[PDB]
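Figure: structure with clonidine.
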Protein chains: 2
Amino acid sequence: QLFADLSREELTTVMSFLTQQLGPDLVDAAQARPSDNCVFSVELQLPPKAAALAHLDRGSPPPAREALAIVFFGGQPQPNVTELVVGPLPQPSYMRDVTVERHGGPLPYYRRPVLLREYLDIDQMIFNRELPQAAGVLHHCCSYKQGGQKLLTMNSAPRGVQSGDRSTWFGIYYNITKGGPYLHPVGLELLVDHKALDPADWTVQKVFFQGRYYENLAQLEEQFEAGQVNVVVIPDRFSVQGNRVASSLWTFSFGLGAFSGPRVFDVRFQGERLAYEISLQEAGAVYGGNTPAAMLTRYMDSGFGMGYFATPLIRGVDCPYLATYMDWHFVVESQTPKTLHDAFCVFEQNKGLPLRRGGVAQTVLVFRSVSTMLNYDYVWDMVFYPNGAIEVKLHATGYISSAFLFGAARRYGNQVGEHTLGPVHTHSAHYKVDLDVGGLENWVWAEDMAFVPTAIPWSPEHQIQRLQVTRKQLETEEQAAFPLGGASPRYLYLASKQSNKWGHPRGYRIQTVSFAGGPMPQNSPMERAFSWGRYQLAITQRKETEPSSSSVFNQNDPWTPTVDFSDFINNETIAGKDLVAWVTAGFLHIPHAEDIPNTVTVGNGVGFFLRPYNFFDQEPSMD
Amino acid sequence: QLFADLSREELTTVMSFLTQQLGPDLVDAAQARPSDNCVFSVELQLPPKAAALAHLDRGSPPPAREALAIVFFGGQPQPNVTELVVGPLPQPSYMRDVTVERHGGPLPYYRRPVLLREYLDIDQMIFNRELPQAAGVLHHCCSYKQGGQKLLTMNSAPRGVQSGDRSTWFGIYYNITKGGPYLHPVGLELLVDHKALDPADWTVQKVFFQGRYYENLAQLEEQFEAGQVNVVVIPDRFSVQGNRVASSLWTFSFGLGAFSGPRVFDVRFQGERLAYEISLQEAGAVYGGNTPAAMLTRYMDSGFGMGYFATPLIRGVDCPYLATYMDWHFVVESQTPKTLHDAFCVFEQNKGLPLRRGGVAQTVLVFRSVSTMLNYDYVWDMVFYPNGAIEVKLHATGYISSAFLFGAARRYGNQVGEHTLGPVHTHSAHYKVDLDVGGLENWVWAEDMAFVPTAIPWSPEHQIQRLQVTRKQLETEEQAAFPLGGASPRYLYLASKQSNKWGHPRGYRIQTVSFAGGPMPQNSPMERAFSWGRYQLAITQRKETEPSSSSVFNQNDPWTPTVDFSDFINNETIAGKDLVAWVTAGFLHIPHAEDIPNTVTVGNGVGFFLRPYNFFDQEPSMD
Ligand SMILES: *[C@@H]1O[C@H](CO)[C@@H](O[C@@H]2O[C@H](CO)[C@@H](O[C@@H]3O[C@H](CO)[C@@H](O)[C@H](O)[C@H]3NC(C)=O)[C@H](O)[C@H]2NC(C)=O)[C@H](O)[C@H]1NC(C)=O
Ligand SMILES: *[C@@H]1O[C@H](CO)[C@@H](O[C@@H]2O[C@H](CO)[C@@H](O[C@@H]3O[C@H](CO)[C@@H](O)[C@H](O)[C@H]3NC(C)=O)[C@H](O)[C@H]2NC(C)=O)[C@H](O)[C@H]1NC(C)=O
Ligand SMILES: Clc1cccc(Cl)c1N=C1NCCN1
Ligand SMILES: Clc1cccc(Cl)c1N=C1NCCN1
Ligand SMILES: [Ca+2]
Ligand SMILES: [Ca+2]
Ligand SMILES: [Ca+2]
Ligand SMILES: [Ca+2]
Ligand SMILES: [Cl-]
Ligand SMILES: [Cl-]
Ligand SMILES: [Cl-]
Ligand SMILES: [Cu+2]
Ligand SMILES: [Cu+2]
């Protein structure tokens with residue numbers, strides 16, 4: 001319960017403490033304007049490892065239970081975003097601004113995530129005071145307002161060309177609310193500068209219509225009237241109790257980061273802790289296209305929220321009928337705690353494949369949850385094997401984002417329908433794998449194979465390409481940073497100080513199970529924000545100053561990243577320290593006809609494996 | 001059903017015809033000595049494709065149903081192995097020799113696989129003539145027959161250092177009869193020369209005792225008696241009619257080659273053929289060590305028989321209790337047909353993960369078979385997805401090979417017991433994927449992603465790394481032969497002539513999934529026999545003269561291979577021809593403590609994916 005997500009009651013307490021303690025008068029974030037003071041979110045502040053392990057292993061008292069509140073200070077001479085550490089629960093006595101502490105300075109107010117109320121005010125502007133200025137061309141293309149269809153908007157990110165920018169390409173789509181929302185692009189995109197704290201000052205800085213750009217909608221309308229614009233017509237055996245799952249072989253505390261997504265703590269196999277924490281850090285997406293949004297889009301999904309955008313799992317569909325179903329509570333953009341029903345599910349999965357052949361079939365423990373944004377869907381799986389192996393997979397599915405088809409559009413994807421292109425994109429996800437193999441003190445090994453031509457002892461006149469094992473202990477972080485798209489040692493394992501019964505260092509190896517979306521060139525002005533994408537796998541010294549490889553604040557200002565993961569790799573020693581492993585997994589997705597109306601989970605996904613390597617003395621037991 | 005394996009009735013008739021034609025001097029292969037004449041095996045002769053398709057598609061009469069008989073002609077001045085085509089079934093009248101026609105000449109007698117009678121005769125020699133010579137050292141190390149555990153022999157291959165050799169290193173192991181009978185290597189290996197036609201003339205050419213090499217066993221005993229030898233004492237919807245599966249979505253004819261292994265013909269998703277044939281071709285293993293057998297062993301398992309060594313599927317273990325099980329029939333080293341009970345199992349598996357999202361469940365059809373040699377176990381999987389996708393998967397499991405632990409043994413693996421090493425080795429499998437995408441005439445496309453620094457259209461001063469698609473039609477065989485370990489197109493697919501509704505070439509893409517082992521250096525004078533291991537993927541024109549990428553006769557003479565796969569690649573055009581795909585999957589295996597007593601199929605193994613890429617005009621429907 002030192003890893004348990006804040007209870008609904010706990011959420012209320014922090015919210016009450018803020019109102020009573022904070023000098024500035026706060027507005028409900030659900031109805032907050034840019035120049036208002038509001039609480040964006042409050043959630044569990046993860047405890048220090050040292051105090052947690054002291055409690056977990058040495059019977060010391062639990063660490064002070066704390067919450068981290070994100071506050072939008074827009075109602076002052078100089079607006080800022082402030083992170084407040086509140087605690088200790090159940091009854092708070094302090095409220096510490098750790099902003100400067102964690103980031104070296106203040107959080108620029110433009111890095112703050114776009115409020116829901118900000119989206120709605122952007123819609124008012126578009127529908128009420130922008131779109132009508134191009135009714136003639138909209139009536140023409142898309143039966144606009146004339147007893148015809150309803151249109152809707154799509155968001156994109158980041159929002160500008162440099163730091164300080166808050167200008168978003170919003171696309172116009174049909175409001176067909178069936179199997180596919182952004183499957184009918186109108187080819188009309190609007191660049192709305194919404195950086196100003198006064199919405200009446202927001203403007204459209206440029207328009208994109210079906211191929212070409214215009215300064216504003218008034219310019220587009222007259223060229224249309226003047227018959228100067230060509231318009232394309234668009235038609236249409238284990239027990240969950242609290243945060244703790246316990247089987248005969250496994251024990252772990254689970255949870256959900258409102259921004260970082262699904263996580264698991266204190267992973268113990270048969271009483272022995274394998275890892276302190278296995279958590280999702282960030283989910284990314286890079287697009288390509290000849291239309292603005294698809295041309296520019298680079299998603300750092302934690303800027304939105306993997307937990308905040310998690311959905312209830314449908315019993316029988318998302319998880320087996322006899323699965324265990326847990327709820328989740330959150331305060332993001334609200335006054336009162338909200339509850340997500342069936343956010344998680346744990347169940348037993350008979351693989352149907354013989355685990356060993358006298359033997360028995362492969363039965364697995366599965367921890368699952370789903371994040372959904374605009375209908376796309378990430379299904380996050382954590383599977384725990386009876387032999388001590390852990391499997392972490394990601395599955396993408398749902399509706400793809402679309403682009404209006406014009407010109408050399410096929411240079412950026414495939415046609416999936418009339419006037420519709422499926423733009424290229426790569427999916428990526430970052431995981432923090434804080435293995436504690438045989439305790440804190442860890443080393444890193446790189447074992448692989450080699451063929452060396454040597455003479456045959458019984459026939460020295462003949463040679464034989466001798467297959468043999470190479471081993472190397474990595475000394476610095478730099479040696480253990482493995483570039484995506486390159487080759488890493490086939491057996492890369494974190495080992496303990498001690499060895500097994502046979503003299504081999506007790507180890508758990510990480511096996512990356514993911515094809516290669518393929519890294520963004522470091523020449524990209526925003527690549528630093530997702531520099532975790534450079535590596536297939538990286539090992540660093542765990543620090544309390546390095547809790548995440550990304551940040552909520554990166555999405556809207558990637559040009560100056562709040563968290564630049566590459567900074568973590570700094571030539572420090574990794575021999576005999578508390579080590580963390582960061583795994584990047586993903587794939588290239590060139591959309592195709594089969595992806596319509598939905599992209600299916602067909603395949604076995606993308607992720608990695610954690611497997612015992614000289615950790616036990618022989619094949620372990622099982623119930 | 002012209003792809004059906006020969007029935008028992010057919011197997012009997014061919015043997016009768018073969019006995020009548022081949023004089024009165026034939027001998028039951030089960031009891032034949034090297035100088036005898038016997039029928040090694042009789043199995044189905046795969047029909048000509050043109051005639052097969054003409055029958056299936058154009059209603060033309062079925063092509064002649066034939067069998068292939070391998071005959072060991074050791075009874076003559078110049079002994080050879082002969083391949084005979086026998087037909088037509090059901091009542092044969094001819095028996096033609098296709099040996100020269102297929103192999104450019106005679107099959108040398110030393111290439112023939114080692115008969116079971118030959119092995120038993122080798123054991124006799126070892127236990128009657130050989131071991132007794134070293135009774136003193138065996139009593140001391142291994143309680144030879146002093147109330148101690150019994151000894152057995154372990155085979156290895158190839159058998160020599162050059163073409164023409166039949167000299168095998170047999171290892172001596174305790175026969176506990178519990179768990180791994182191969183977990184107790186004594187450190188004694190005999191290099192027996194069983195080349196000669198007269199067993200009485202067979203000799204041991206060298207002996208390896210626990211690290212040291214000796215000329216003969218007597219010398220080893222002599223050396224020991226003189227106290228010049230240290231001895232380490234060793235302790236102690238769908239149904240299936242005949243050969244065809246018929247789900248609501250799929251149709252195919254399954255079978256099993258006596259040597260090649262499991263195979264599928266006439267694969268049809270919703271009535272349309274995707275592939276004429278998908279079959280296992282060869283299974284390989286490459287070891288390392290400082291002990292003889294372990295250092296020399298390179299396997300081409302079809303020399304023993306993936307089918308001949310197939311095992312009964314344990315209901316409720318290898319396949320769900322209520323799956324559909326099918327028997328198999330064969331004649332190998334027997335003049336009477338044998339039955340392999342429950343050789344196959346076909347079943348639907350609820351994937352346990354939603355196909356799409358509320359949404360729909362994901363269930364697959366699974367065709368399984370298991371090959372077993374000395375308790376080491378290949379489980380062959382081909383899963384057909386409701387969306388037209390096909391997953392071919394291989395898992396290994398069971399008892400690993402052990403070696404006597406001495407010297408720089410850890411350079412060749414890990415100690416897994418007392419005086420026991422787990423030698424390094426790679427596993428590999430070759431599959432023949434004859435895709436007929438939209439018909440015979442097929443092309444090959446290479447698709448991937450790329451970034452191009454381009455100015456932002458709405459902000460000229462700034463740049464954006466523009467993600468885009470690259471497409472390239474491959475023209476010759478050499479272009480489609482991608483080296484194992486290197487990087488290849490993320491989107492390589494065979495395409496028909498027709499485009500989809502949207503104008504994209506209808507194709508099925510080959511996504512190769514493996515932690516590929518690591519190719520044997522081409523400097524090795526024997527890797528030519530398994531030159532298929534060079535490429536993770538290769539595409540060649542289909543040829544009736546290139547039915548397989550390996551041969552039963554490769555194993556015992558890899559230095560002059562009967563089939564050298566790379567010969568297929570000869571700069572021929574692959575633009576609008578009958579194309580065949582060849583896929584290599586494998587992995588490096590450094591044995592660990594968890595492999596004892598036996599290694600688990602944990603995770604998912606190795607193989608590949610066949611995915612529809614613009615083959616349809618939208619997501620396919622299900623029934
Ligand atoms: C982001 O904005 C935050 C909220 O405006 C700033 O935090 C506040 O700064 C205030 C002004 O300095 C502090 O007020 C102090 O409180 C005393 C009463 O105790 C007043 O009399 C003083 O005017 C003032 N004292 C001074 C000069 O420090 C608040 O204590 C403080 N509020 C909280 C909750 O921290 C941040 O400074 C700003 N971030 C950055 C880094 O600029
Ligand atoms: C591998 O061995 C095979 C059998 O030992 C050889 O093939 C045999 O050779 C026989 C004698 O040369 C053939 O008999 C000849 O052919 C006709 C056909 O039946 C016979 O009537 C004749 O008696 C004889 N020729 C003449 C004119 O005297 C056998 O037909 C044949 N046996 C079988 C069953 O195939 C192969 O030659 C040898 N491999 C090679 C290619 O060298
Ligand atoms: Cl949430 C999700 C699921 C699958 C693929 C992507 Cl790229 C996703 N990410 C986003 N969707 C729109 C904003 N981010
Ligand atoms: Cl048949 C099999 C199953 C699993 C692994 C290997 Cl290397 C196998 N191959 C051989 N075992 C002994 C002869 N070859
Ligand atoms: Ca660091
Ligand atoms: Ca650690
Ligand atoms: Ca060829
Ligand atoms: Ca073909
Ligand atoms: Cl494992
Ligand atoms: Cl970019
Ligand atoms: Cl697919
Ligand atoms: Cu996608
Ligand atoms: Cu193995």
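Every chain is numbered from 1, with letters handed out A, B, ... down the list of sequences. Both counts, for ligands and for their atoms, begin at 1 and track the order of listing. The analysis underlying the following values was restricted to heavy atoms, covering all of them including side chains, and did not include hydrogens, waters or symmetry mates. Going by what the header records, the deposited coordinates were determined by X-ray crystallography, 2.4 Å.
All copies of clonidine taken together correspond to ligands 3 and 4.
Of the chains in this structure, the chief binding partner of clonidine (ligand 4) is, as UniProt puts it, Primary amine oxidase, liver isozyme.
Other chains whose heavy atoms approach clonidine (ligand 4) within less than 4.0 Å: B. Looking at UniProt's Cu cation binders in chain B, a heavy atom closer than 4.0 Å to clonidine (ligand 4) shows up in B/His427. At a heavy-atom distance under 4.0 Å, no atom of B/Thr372 approaches clonidine (ligand 4). Across B/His427, B/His395, B/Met373, B/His425, heavy-atom proximity to atom 11 (N) of clonidine (ligand 4) is greatest for B/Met373. At a 3.5 angstrom cut-off on N or O pairs, B/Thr397 does not count as close to clonidine (ligand 4).
Close contacts of clonidine (ligand 4) with B/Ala285, meaning ligand atoms under 4.0 Å from a residue heavy atom, involve 7 (Cl).
When non-hydrogen atoms are compared, clonidine (ligand 4) lies under 4.0 Å from the backbone of B/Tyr378 as well as from its side chain.
The closest approach between a heavy atom of B/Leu374 and any atom of clonidine (ligand 4) is not below 4.0 Å. Residues touching clonidine (ligand 4) within 4.0 Å, heavy atoms only: B/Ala285, B/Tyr287, B/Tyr299, B/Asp301, B/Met373, B/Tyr376, B/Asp377, B/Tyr378, B/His427.
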